[PDB]
Structure formats: structure tokens, C-alpha cells
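The structure appears below as C-alpha cells.
The chain called A is the first sequence line; B is the second; the pattern continues. All chain A residue numbers match the PDB entry; in order, they span 2-103, 113-142, 152-268. The numbers used for chain B are those of the PDB entry, and the residues that appear cover 2-103, 113-142, 152-268, in sequence. Using the PDB entry numbers, chain C covers 2-103, 113-142, 153-268, in order. Chain D is numbered as in the PDB entry; the shown residues are, in order, 2-103, 113-142, 152-268. Header lists the method as X-ray crystallography, 1.9 Å. Both backbone and side-chain heavy atoms feed into the values below; hydrogens, waters and symmetry mates do not. As the structure lists them, so they are numbered: ligands from 1, and atoms in each ligand from 1.
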Amino acid sequence: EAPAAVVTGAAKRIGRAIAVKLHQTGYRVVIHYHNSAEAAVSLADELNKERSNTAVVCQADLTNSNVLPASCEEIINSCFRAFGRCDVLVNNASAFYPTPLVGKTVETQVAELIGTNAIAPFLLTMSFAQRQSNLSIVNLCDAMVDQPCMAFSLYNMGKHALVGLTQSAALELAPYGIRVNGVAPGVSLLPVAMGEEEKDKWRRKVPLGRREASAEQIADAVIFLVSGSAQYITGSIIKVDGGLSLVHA
Amino acid sequence: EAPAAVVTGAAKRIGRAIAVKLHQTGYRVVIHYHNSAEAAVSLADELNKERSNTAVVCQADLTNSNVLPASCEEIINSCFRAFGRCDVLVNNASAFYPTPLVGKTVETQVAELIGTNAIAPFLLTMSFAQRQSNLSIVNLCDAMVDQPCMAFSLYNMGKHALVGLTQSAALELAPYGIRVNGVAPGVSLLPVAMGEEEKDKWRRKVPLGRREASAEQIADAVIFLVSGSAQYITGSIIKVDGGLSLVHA
Amino acid sequence: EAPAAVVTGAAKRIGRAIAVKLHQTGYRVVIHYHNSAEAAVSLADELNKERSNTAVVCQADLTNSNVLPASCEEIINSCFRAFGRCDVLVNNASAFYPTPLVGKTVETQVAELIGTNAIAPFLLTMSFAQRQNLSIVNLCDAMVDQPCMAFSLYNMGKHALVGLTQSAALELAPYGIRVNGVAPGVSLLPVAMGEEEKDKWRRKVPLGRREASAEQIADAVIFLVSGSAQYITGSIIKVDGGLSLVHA
Amino acid sequence: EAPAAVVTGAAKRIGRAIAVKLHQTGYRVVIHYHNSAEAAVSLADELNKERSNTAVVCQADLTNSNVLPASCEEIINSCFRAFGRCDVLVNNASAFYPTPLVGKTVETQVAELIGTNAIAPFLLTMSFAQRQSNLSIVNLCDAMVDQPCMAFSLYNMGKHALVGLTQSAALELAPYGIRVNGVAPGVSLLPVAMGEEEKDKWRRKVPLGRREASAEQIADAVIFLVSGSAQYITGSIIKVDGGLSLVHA
Ligand SMILES: NC(=O)c1ccc[n+]([C@@H]2O[C@H](COP(=O)([O-])OP(=O)(O)OC[C@H]3O[C@@H](n4cnc5c(N)ncnc54)[C@H](OP(=O)(O)O)[C@@H]3O)[C@@H](O)[C@H]2O)c1
Ligand SMILES: NC(=O)c1ccc[n+]([C@@H]2O[C@H](COP(=O)([O-])OP(=O)(O)OC[C@H]3O[C@@H](n4cnc5c(N)ncnc54)[C@H](OP(=O)(O)O)[C@@H]3O)[C@@H](O)[C@H]2O)c1
Ligand SMILES: NC(=O)c1ccc[n+]([C@@H]2O[C@H](COP(=O)([O-])OP(=O)(O)OC[C@H]3O[C@@H](n4cnc5c(N)ncnc54)[C@H](OP(=O)(O)O)[C@@H]3O)[C@@H](O)[C@H]2O)c1
Ligand SMILES: NC(=O)c1ccc[n+]([C@@H]2O[C@H](COP(=O)([O-])OP(=O)(O)OC[C@H]3O[C@@H](n4cnc5c(N)ncnc54)[C@H](OP(=O)(O)O)[C@@H]3O)[C@@H](O)[C@H]2O)c1
Ligand SMILES: Nc1nc2[nH]cnc2c(=S)[nH]1
Ligand SMILES: Nc1nc2[nH]cnc2c(=S)[nH]1
Ligand SMILES: Nc1nc2[nH]cnc2c(=S)[nH]1
Ligand SMILES: Nc1nc2[nH]cnc2c(=S)[nH]1
């Protein structure tokens, strides 16, 4: 029997690259998505034509609410229903937009930015562990958490909380043989709404090649951490940033 | 006129010591409380005996909810109402209890531990900044954030988010002349519920005198950070832990 | 042709496992040693039996001195003479013993602990870069911010090594040279240590209540030098079973 | 009886401001210097004019060598000889210049940069402890230690080692009642050699005021750490950087 993975926000960009690479390594995959239904089903279709019955999709909003615990439970339940086991969880889904200290209500901004980036990872980790060999969780963090973008306080709060979860969950789930680690991109795939001039500005900041990480490069680090080559690694966060975090103002 | 400070959770323990020390330094103070009305008024009475009309109380639940933004705005407004200005915000209020990965609903535990420790500070910070000299904010963090207590994941996530708020707000509010810093206790006043045996276990681990920090030692670092002696300091977190965070397992 | 790696302190324990795994991946290797000549040679012979003319040894003291820069240049040069290239440097060699604040002279303790852990790595890095998937991997310590009592000079050396990893990552990135670290917590315990003392350390590790094998540390080194790590520089990977997360 | 302090590299700039402020607070001071003999003697004279017999000078090269331990022992001995006690050590002296990886020999550069910034502090700390109230040591570190200047590898190594010393010594000397802490400037007094246009380049990076720290602002943080307001603080490093270390590339 092949092992099974849940990947959150897996329809496009980095989450798709992680899902694809896990599938190429021999995992069966749950492609979680929120709004990108067409891209999700398209991806599932490509993977299933490579190996029959190895990919399913699963829709869920990961905004904080009183029903979020049930949604996260159902995500993990979908992996067990499709494949009979759940070996790996990748917490990739993330809301990302500014929240100036000095449109959506603030309560909605808190719910989305802290829900997607921190509370849903926590609830999915709870559900994953309570349902349970090489078991692991990988959280997508941010290499620039201590050198944050101006006006992104709530996003930064969420990613710092995710670092805390990674460490707290590593410590508490170690007795159960569940490893918990992080992968911290610097600049990888730039925002679609970003103009080429702004993208180039960011690219020229990166010491190693003056270019962003490919989605495959991020996925490589995730694959290492779930592999038997990382069997003693837990509570670690691997920066995949081309040196960006090392560059002063 | 005298500057004014808001201290959250100021009725007892560390928040009380901070309020008293700010008052002794010449601040007028807003003593915020949730459940400890008797104790908040007792402190206010003691401070007003020393200087008439220099201490007022303010009630608010700081749990995350649809009304938390309004409650945070009214805490800040109460300082302006009473004293005509607000120079210092101290984010001290904090829920603290375990939340095992493997009684209150989990959605309530999220609301209290992430609301009090992180979301309320963010909303109080926004309100403080919007309503604006030596302006500063001090957040009460935790020196043991990277070596967390077993089964305290939501608490640890909240304190990590508070570190992120401290840094993000320091950056964004620097152009307004508002400094943002933290004080990180290790073991100070032990939980009232804790047994005397476990209390002594924790005391014995501390390199500097095998004892906990008094509330007044924590308050001393807060006084420094809001003073004219700290006018170039922002985004910094001062550990006050007697070396505890340096001690290996 | 095949790439080439220099591994310092490679005769035994962790450095030996790193050299073996690099060789198994297809690297030719320079096995550096200080005092362990018989172990270094027996490793070289074992590897050459697998593939002819793929392993050589190189003796050098890495203690700080006036001759240290020349010694470090000769180690790098030995890789070029043997194999015509040098793609990977692993800074593994390390002196480790207490230096309380309150029969070696203190100047000798300084020379050995700061030399091996920090100054030699810097000099080897300089020589490596000046001679040019190129990368350097430094062996750090996961417990650098929760140090053993009375190991001030050792801890200083290891912190300096973190600094070198970051500074060199930044400076050599334009030449395509990546610089990273692997940080063990408790791996192979000292040879003389009694099992009852070994057990006090093993019991502290959340993931399996055991120390890392040398092979597990080598696994992280192999990842960092591979094509799967080609955007990774200035990063330090903890391989510690969660030990650094455990409070007093 | 007045306590006594040793300040290394105290003839000029930040070390001088530290010596003056300690003196103003009531300390007798040893003014260590290397080349700046006229400035050291000028400072001792000003301080002695204010309170007789409260300042002496001590010349010493702090480059690494087989005689450095003797030199460090002598600096501490000079304090006991003049004042009969030594309560405070401030490790401020520092070489600072680039050492690119790709007319001083590299041997000399290692000696100077690692000697002054790290080995001399270690040996001074040893002598101080062995010759032994509010005893404490303050190391001058660097807020940019993780975002270093290009081509400053040896300097950066020295400062990283000083962080390690601060933490190791705090742990080991706690049982003797000796506290060990750090103060980490960002941009303070800029290099004398640096041109006006570069200086302006750095000033414009600082979020809080777009200016460098005064020497007196750095000294204020040292004063706090040696005071009775910091009796439970050990192994802590206070950044005094106006937010500089928070700014991304
Ligand atoms: N891209 C970078 O340069 C970079 C840099 C640093 C860190 N990271 C981290 O790496 C990860 C992947 O980055 P990325 O750029 O690929 O991410 P992204 O495109 O910005 O977002 C990934 C997915 O998150 C899902 N999502 C957003 N809001 C949601 C909600 N309320 N409920 C459920 N799902 C929601 C979306 O799914 P749908 O499309 O189906 O709606 C989206 O496709 C993230 O965790 C990110 O923070 C990325
Ligand atoms: N004590 C330590 O050893 C230690 C260690 C590390 C960090 N810290 C940090 O230092 C700060 C003070 O510590 P402490 O021990 O004095 O705190 P505490 O006694 O645990 O809590 C202080 C106050 O927080 C308020 N609070 C709790 N839940 C609230 C809610 N839902 N809404 C509004 N207010 C609420 C309470 O006010 P009412 O009583 O009025 O209800 C309480 O008295 C905290 O931020 C803590 O995390 C303390
Ligand atoms: N073992 C652990 O639990 C652990 C934990 C944290 C970090 N680390 C790090 O991981 C690396 C490997 O650890 P390890 O336990 O395998 O190391 P080790 O056995 O203590 O030493 C490795 C080798 O260092 C060489 N060495 C010592 N002094 C030298 C000198 N003056 N000049 C040149 N070489 C010298 C020795 O070579 P010869 O035998 O040829 O004399 C020795 O075999 C080290 O960097 C260490 O600090 C290990
Ligand atoms: N200035 C900044 O923006 C900044 C930023 C970050 C950190 N810092 C740190 O804060 C501290 C003070 O900074 P600063 O700019 O005032 O320092 P500095 O002027 O560059 O150096 C201070 C003194 O160090 C002494 N020194 C240099 N080489 C020596 C040697 N071989 N032996 C003995 N003493 C030697 C010199 O004494 P003599 O003149 O008597 O020869 C010099 O006056 C330093 O540790 C520095 O690294 C400063
Ligand atoms: N979710 C998300 N997070 C980020 N952090 C830095 N860039 C991003 C993008 S484009 N998306
Ligand atoms: N609010 C709060 N936070 C803490 N962190 C460590 N101990 C505590 C206590 S007793 N209260
Ligand atoms: N060289 C060396 N370094 C270490 N760090 C922790 N343990 C060790 C050992 S046994 N050797
Ligand atoms: N010693 C010394 N150290 C520094 N770090 C940043 N600037 C300096 C200067 S000007 N001198």
C-alpha cells in the first residue's frame, strides 16, 4: 500500500508543486482547495491518468469560525475515506494581504489571516494526530518573518504563530512518532497581481542568482523532510530563500 | 500635564506592579480588568489617595469576538476621556492554560488564548496609533517561547504572534514616533493553582538565585522601556528570566 | 567526471559517515585527519576497494597558529592535485572539552577550540573560494543557545561558525557557492562515557529517547550538497530529535 | 564606598560615553585604551576634576597572542590596585574592518578581529570572576549580527562569538551572583573614515528618526543593565537600533 498525503491550498502555485512531487514519489494525495475548483479538478485529473485512483479533491474554507474544527476534521477524514490512511499533512494554504495599523471588516481580516495561517494548521494537526510508518507534518512558514513587509501585521502574526505551532507540536507529538517541521520560502512565486517592474525589484535583492525560487525548489525541501533521510529531524525550519534573509537594509 | 498609561489586566500580580510603578513615576493610569472589579477599584483607591484623580478603572472582556474591536477602541478612548491623552499602552492581560493536541470547546480556547494574547494587543495597538512626546507600547511576552511547556500549543502560538506584532508594529509605527517593545518574563509569580511542590521545582531551575522574579522586577524593565533612557529602542524584547531560557534539558 | 569533496576530521564517527555517504553518492574524497592515521588509511583503503583512486588522506593540525593559513591552503590544494577539482568542503573537525571560567594553558585551549571550530573553517573557506554545484557545509551545534556548563570557549567557537556560515553564504553567493550548516543535538556520545551517563542524555530526546546515528547526520549533509538544495544558502538544519525545544 | 568599573576602549566615542555615564552614576572608573593616549589622559583628568581619585588609565593591546591572558589579568589588577574592588566590566573595545574571502596578513587580521571582539572579552571575564554587591558584565555586541556587512566575515565571527560568551558566562557565573548581558547597537557613531554620502545612506535606513544612535543612547542601555533595576536580568542582549534590524533588503 502506498502512503497518503493531505496538501492544503493545492490547486495552484507552490501547493500544486508539492502535491505533484509527492505524487511522483508515490504518495496518494488529497488536493484541498477553496475557490479554485477548476484548477483542483484539472490537477486531480492529470494525476489520476498517471496512476488510477491516486488523487481526490476536497473543498473547504479555512477562515476561523466556530465550524472550522469540523471542517479540519473532515479534511483529514476525506484522506482516510479515499485511501485508508493518512501519513503526511502539508499546511500550505494561506491568506496574504496588507492590514495597515493606521473592503473587509477587521474581524474578517483577523479570521482569514490568523485562521488560514495558524488556527487551521493547529486544528488539522489535532485531527491528524487523533486519527493515528513515517508520519510527518510540514508547515509552510516565511523566511522573512523577522524582517516583515510594511503594513502586513496580521499576516506576520499568523506566520509567527505557525512557527510556535511547529515547535509545540514537534515536542508534544514526538512520543507518537509524528515529526513536525517547517519550510520557509523567501521570495518564490510572486503574486499574480504584481507588475513585472515590482517583481524585478524583489528578484534583484536575492544573493543567489538574483531570482525567485521555483515552486519545485520549495517542494524539494518538503520532500526531504517527509523522507526517511529526515527520520531524526523534528521541530526544524528549513529556509529556502537564496540568502535573502541575510541581506541588510 | 502628566502623561497617561493604559495597563491591561492591571488588578493583580504583574499588571498591578506595572500600574503602581508607572503611577509612582508620575503617570496617570487606566486600570483595565475583566473579572477582578473589587481588586481594580482597591488599587485605584490607593493610587488616588496618593494623587487625586490620577487613576480610573475600565472593564472589558478581551476574548476574540465580533465586539472585541469595539471593546479595544473603548479602552483607548477611556484614557483620552479621563486624562486627555494616551502616551503608553502596556499589553499585559493574558489567558494561560493547557490545550493538549491528543470543559471549554476548542473554539472557545482559541478565542481566549489567541484573543487575549495576540488579537487584543493588535486591536489596542491600532486604536492607540489612530488616536495620535514619548509614545510607546510594551507587550508582555514569554522568555520560554522557544522551549514551550508541554501541551500549551495555543498559548505558545499566541505569545509567538505577540512577538510578530511587536516587530511589525515597531516598523510601521516608527515614522509616527511610537516605539514598540517587549518584556519577556521566565518564571515570575507562579500560577495560584500550582502546587507548592511544583512551584519549588521551577524555582530550583533558575540560575540566578534559584527563585522566581518578583512582579516588581518585571515592572522595572517596563519602566526602562517607556523612559527617556530608551528613546532609540524599538522592536526589542528584554528577557527578565534569571538565565532560565539558557538552561538545557 | 566525478565531483570531489574535502571532509575534515573524517577518520571516525560523524566525519567518517559523511565521507562514506559522499563516496556512495559518487564523490571522490579527501579524508583529513589529525591523530587518527590508522583509521583514516583503513577508510581510504575500503573506499578505493569500491572504486580505484577515489580516496586519499591528508594529515593536518587545525589548531590556531601562524602556520594555520598555509595548512588550510594545502588541504584544498591536495583535493586539486588528487582529483583536478574541489566541489564540496565539509568543516567537521572539532576540539571539544570544558574550559571553566573559575593541564593545558588557556592560550592553548583558545588556539584549539577556536582554531578547530572557527578559524580553520574560515581559512578553508577562503582557500576553497579562491581556487574556483559548489557548496560548503559546516557542522554546528543545535544546543548553541543552551550550552553545557563550563564550555564557554567551545560555545564561542560554534557561535563564530554560525557567523561564518551566514557571512560566507552572502559573500560567495555571486560565485554560485552555497554555504549551509547541519546542527546535531546529541549524536554519537563520547567513547569513554558510561552507559548510565549516556542514558541521561538519551532520555532527554523527545523523538525516540535516543541519540542520532552518524548516518542520520550524514543524511542532512547529503541533502544540502545535492541538486534538491540548489536555492538553499545561509541555512542551518537542526538534526536533534527535538532536544533544543525541551525546557530545563 | 563607591563601586568601580573597567571600560575597554574608553578614550573615545561609545566607550567614552559609557565611562562618563558610569562616573556620573557614582562609579570609579578604569579607562582602558590602546593607541589613544592623549584622549584617555584627557578623560581621566576631567573625571578626577569632578571627583578626586575616581579615574585611572590602563594601556593594553587586546590582539590575540600568547601574552593576551597576562594583559587581561593586568587590566583587572589595575582596578583592584587603584580602587580595591571591581564591580563592573564593560567589554567595548573592538577592531572593525573588512576581510574579503576572495596590507595586514590574514594571521594579523584573525588575531585583531577575533582577539578584540571575542578572546579578550573571555579572558577579561575569567580574570574578573577569579578576582571576586551588584556584580555584572556588559558586552557590546551588534544588532546586525545576522544581517552582516558584505566582506566582514572575521568581524561578524567575533561578534557571534561574543553572543556565545554572554550566554555561557551568564550561565556559569550566576551562582557567584555575577550577571552577564549585552547591548547591541545598530548604526551609532559612524566610522571616521566613512564619507558623508555613505553616512547619509545608512542614516536613511533607520525607521526611528532616520538618524544614528548617539553614544549617550548606547550608554543609557549599559547603565540600566548594571543598575539595581536589572537584578534578575542575565544572559539578555538589548538591541538599541531604532528598528534597523527589522528592515528587509
Ligand atoms: N509565494 C511566495 O514567494 C511565498 C513566500 C513566503 C512564504 N510563502 C508561503 O508558502 C505557501 C504557498 O505560497 P503561495 O504563494 O503558493 O500561496 P498563495 O497562492 O498566496 O495561496 C495558496 C492557496 O491558499 C488558499 N487559501 C487562501 N485563502 C483561503 C481560505 N480562506 N481558505 C482556504 N484556503 C485559502 C488558496 O486556495 P484557492 O486558490 O483554492 O482559493 C490559494 O490558492 C504559503 O503558506 C505562503 O505563506 C510563499
Ligand atoms: N507569571 C509569570 O511567571 C509569567 C511568565 C511568562 C510570561 N508572563 C506574562 O506576563 C504577563 C502577566 O502575567 P501574570 O502571571 O500576572 O498574568 P495572569 O495573572 O495570568 O493574568 C493577568 C490578567 O489577565 C486578565 N485576563 C485573563 N483573561 C482575560 C480575558 N478573557 N479578557 C480580559 N482580561 C483577561 C485577568 O484579569 P482579571 O483578573 O480582571 O479577570 C488577569 O488577572 C502575561 O502576559 C503573561 O503571559 C508571566
Ligand atoms: N557527537 C555529537 O553529539 C555532536 C553534537 C553536536 C555537534 N557535533 C559536531 O559534529 C561534528 C562531528 O562530531 P563528532 O562527535 O564526530 O566529533 P569528534 O569525534 O569529537 O571529533 C572529530 C574529529 O575532529 C578532529 N580534531 C580534533 N582536534 C583537532 C585538531 N586540533 N586539528 C585537526 N583535527 C582535530 C579529530 O581528528 P583525529 O581523530 O584524526 O585526531 C576528531 O576525530 C563536530 O563538529 C561536532 O562539534 C557533534
Ligand atoms: N559605532 C557603531 O555604529 C556600532 C555598531 C554596532 C556595534 N558597535 C559596537 O559598539 C562598540 C563601540 O563602538 P565604537 O564605534 O565606539 O568602536 P570603535 O571606535 O570602532 O573602537 C573602540 C575602541 O576599540 C579600541 N581598539 C581597537 N583595536 C584594539 C586593540 N587591538 N586593542 C585594544 N583596543 C583596541 C580602540 O582604542 P584606541 O583608540 O585607544 O586605540 C577604539 O578607540 C564596539 O564594540 C562596536 O563593535 C558599534
Ligand atoms: N500566501 C502567500 N504568502 C506569501 N508570503 C510572501 N509572499 C506570499 C504570497 S504571494 N502568498
Ligand atoms: N498569563 C500567564 N502567562 C504565563 N506564562 C507563564 N506563566 C504564566 C502565567 S502564571 N500567566
Ligand atoms: N567535537 C565534538 N563536539 C560536540 N558537541 C557535542 N558533543 C560533541 C562531541 S562528542 N564532539
Ligand atoms: N568596532 C566597531 N564596530 C562596529 N560595528 C558597526 N560599526 C562599527 C564601528 S564604526 N566600530
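From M5049, 6-thioguanine, N-phosphonacetyl-L-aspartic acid, PF-06840003, the name that belongs at ligand 8 is 6-thioguanine. In this structure, the main binding partner of 6-thioguanine (ligand 8), as named in the PDB entry, is Pteridine reductase 1. Other chains with one or more heavy atoms under 4.0 Å from any atom of 6-thioguanine (ligand 8): D.
Protein heavy atom in closest approach to atom 1 (N) of 6-thioguanine (ligand 8): D:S95 OG, 2.8 Å. With respect to atom 4 (C) of 6-thioguanine (ligand 8), the closest heavy atom belonging to the protein is D:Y174 OH, 3.3 Å. The protein heavy atom nearest to atom 7 (N) of 6-thioguanine (ligand 8) is D:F97 CZ, 3.7 Å. Where the criterion is an N or O separation shorter than 3.5 Å, residue side chain and backbone included, D:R14 fails it with respect to 6-thioguanine (ligand 8). Residue contacts with 6-thioguanine (ligand 8), taken as heavy atom pairs separated by less than 4.0 Å, do not involve D:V206 at all.
Measured on heavy atoms with a 4.0 Å cut-off, the binding site of 6-thioguanine (ligand 8) is D:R14, D:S95, D:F97, D:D161, D:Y174, D:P210.
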Tabulated below should be the N or O atoms of 6-thioguanine (ligand 8) paired with protein N or O atoms at under 3.5 Å; can you produce that?
| unit_1 | atom_1 | unit_2 | atom_2 | d |
| --- | --- | --- | --- | --- |
| 6-thioguanine (ligand 8) | 1 (N) | D:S95 | OG | 2.8 |
| 6-thioguanine (ligand 8) | 3 (N) | D:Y174 | OH | 3.2 |
| 6-thioguanine (ligand 8) | 5 (N) | D:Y174 | OH | 2.7 |

